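Complex: AT-001 / Aldo-keto reductase family 1 member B1.
By the numbers in the PDB entry, the shown part of chain A spans 1-315. Just follow the structure's listing: the first ligand is 1, and inside any ligand the first atom is 1.
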Amino acid sequence: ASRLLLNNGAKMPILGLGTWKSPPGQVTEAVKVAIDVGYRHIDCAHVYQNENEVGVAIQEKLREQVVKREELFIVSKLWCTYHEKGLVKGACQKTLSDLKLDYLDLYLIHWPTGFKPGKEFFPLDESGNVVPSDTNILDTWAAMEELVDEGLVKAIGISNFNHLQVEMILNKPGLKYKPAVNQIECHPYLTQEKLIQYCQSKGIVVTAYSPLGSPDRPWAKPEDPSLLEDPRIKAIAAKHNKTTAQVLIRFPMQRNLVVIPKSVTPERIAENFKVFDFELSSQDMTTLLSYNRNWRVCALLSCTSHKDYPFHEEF
Ligand SMILES: NC(=O)c1ccc[n+]([C@@H]2O[C@H](COP(=O)([O-])OP(=O)(O)OC[C@H]3O[C@@H](n4cnc5c(N)ncnc54)[C@H](OP(=O)(O)O)[C@@H]3O)[C@@H](O)[C@H]2O)c1
Ligand SMILES: O=C(O)Cc1nn(Cc2nc3cc(C(F)(F)F)ccc3s2)c(=O)c2nccnc12
Ligand SMILES: O=C(O)Cc1nn(Cc2nc3cc(C(F)(F)F)ccc3s2)c(=O)c2nccnc12
C-alpha cells in the first residue's frame, strides 16, 4: 500500500524523495517537482546542508495550495555532533527553523555514533580521525523523547542502528516511546534480511536508503558494482517495460519498506514515482534477493574504533 502504519498511529508514505547531495541551487525545484508529481514524503537532514532550500519549496507548494501540511510527511535527522542531551532540542529547532515548519513528522538519530560538538560536521583530530563525543544512545534517546512530549515532532526513530542498538532502546527502563522507524541502507547488494526481520517483528518500520546504490556518493570508484547498470536487473525491468530505477524502487516496497530515492532531475523524479502500477513477481523478488553481497556504500570505515560503530555485528 502507498502508506505504512507506524506504531504512533501515523501513516508514512512508502515513497519519499531523498535530498542528500541535492545542492541548494537545485533542491528547491526538485522538491517542488516531486510534490507536483505526487510525492508526499521528503527525507531531509541537517548534515545535507540544504534544509533552507527544501523549506522554500514546501512553503511555496503550501502557498500554491498544491498540498496541505498534514498531507506531507517530513523527516529530518539529528547529526552526530549533537548527541549530547542538552544539544538535541536546539538541533531540532534549528532544523525546524530552516525547513520553516512547526513540527517534523519524524526525527531520527542519524547515526549511533556521537562526534565532538562544534561547527564541523566531521571534527578531525591531529591524526585525521573523527573525534568522538562522550555520549550514549540511551541518553540521546531520552532527549529525543522529550521532543515528542513538547510536540516538536510527531515521531522519533533511529538510522543505521544494528539490532543490538535497537534492542537497547526497546529494553530501556522507563522507555517512553519505541522507535517508529529504522532507516538503513538497503538494496539488492545489501538486502538486510535479518535486520529487516528483526525490526518488523518489533513493529518498527524500515526505510531503505540508497536504493539505487548512491552512484553519486562522492567516493564512488569506477570499479564499484553498479545496480543501475546490472544487466540482470535490466532484464527484470525490460520484462515489465519499466526502468532499472523503477525496479530498484519497487523492490523494497514489496518487502514493506519505505524507500527514498534521490533525484534533482525532474524527468527522473517523475520516473521514480511511477512505481505503483506494476508488481514484481515472487520469483523476481527471490532473484533480486540472491544478488546480496553485503556491499555497503555508507560505512565511514575509520570510525570502526568508535564504541557505537554499527557495522561490526552480523545485523
Ligand atoms: N540515514 C542515512 O544515513 C542515509 C544515508 C544515505 C542516504 N540517505 C537518504 O537516502 C536518499 C537516497 O540515497 P542516495 O542519495 O544515497 O542515493 P540513491 O537514491 O540510491 O541514488 C541517487 C542517485 O541516482 C540518480 N538517479 C535517480 N533516479 C534515477 C533514475 N531514474 N535513473 C538514473 N539515475 C537516477 C541520481 O541522479 P540525479 O539526482 O542527478 O538525477 C543520483 O545520482 C538520500 O538522498 C538521503 O535522503 C540516508
Ligand atoms: O573511505 C573511503 O575511501 C571513501 C568513503 N568515504 N565515506 C565518507 C567519509 N569518510 C570520511 C573519513 C573521514 C576521516 F578523515 F577519515 F576520518 C572524515 C569524514 C569522512 S566522510 C564513507 O562513508 C565510506 N563508506 C564506505 C566506503 N568508503 C567510504
Ligand atoms: O549520513 C547520511 O545520511 C549520508 C551521508 N553519509 N556519509 C557516509 C557516512 N557514513 C557514516 C558512518 C558512521 C558510523 F556510524 F560510524 F558508522 C557515522 C557517520 C557516517 S556519514 C557521509 O559521509 C555524508 N556526508 C555528508 C552528508 N551525508 C553523508
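The full list of places where AT-001 can be found here is ligands 2 and 3.
Residues of other chains with a heavy atom under 4.0 Å from AT-001 (ligand 2): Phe122, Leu124, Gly128, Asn129, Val130, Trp219, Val297, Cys298, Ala299, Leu300, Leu301, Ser302.
The shortest N or O to N or O distance between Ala299 and AT-001 (ligand 2) is below 3.5 Å. Under 4.0 Å from AT-001 (ligand 2), there are other ligands or ions: ligand 3 (AT-001). Per the entry, the organism of origin for chain A is Homo sapiens. Shortest contact from atom 14 (C) of AT-001 (ligand 2) to any protein heavy atom: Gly128 O, 3.5 Å. Near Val297, meaning under 4.0 Å from one of its heavy atoms, AT-001 (ligand 2) places the atoms 24 (C), 25 (N), 26 (C).
With ligand atoms numbered from 1 in the order given, AT-001 (ligand 2) contributes 14 (C), 16 (F), 17 (F) to contacts under 4.0 Å with heavy atoms of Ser302. When each atom of AT-001 (ligand 2) is checked for a heavy atom of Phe122 under 4.0 Å away, the hits are 19 (C), 21 (S). Judged by heavy-atom distance, the UniProt NADP(+)-binding residues in chain A that approach AT-001 (ligand 2) within 4.0 Å amount to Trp219.
Nearest to atom 1 (O) of AT-001 (ligand 2) among the protein's heavy atoms is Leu301 CD1, 4.3 Å. Looking at the UniProt active-site residues in chain A, the one nearest to AT-001 (ligand 2) by heavy-atom distance, rounded to 1 Å, is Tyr48, 11 Å.
Atom 3 (O) of AT-001 (ligand 2) has as its closest protein heavy atom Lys221 NZ, 4.0 Å. When hydrogens are left out, the protein atom nearest atom 8 (C) of AT-001 (ligand 2) is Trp219 CZ3, 3.4 Å; that is the closest non-hydrogen contact. Counting only heavy atoms, the protein gets under 4.0 Å from atom 19 (C) of AT-001 (ligand 2).
In terms of polar-atom proximity, defined here as any N/O pair under 3.5 Å, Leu300 does make such a contact with AT-001 (ligand 2).
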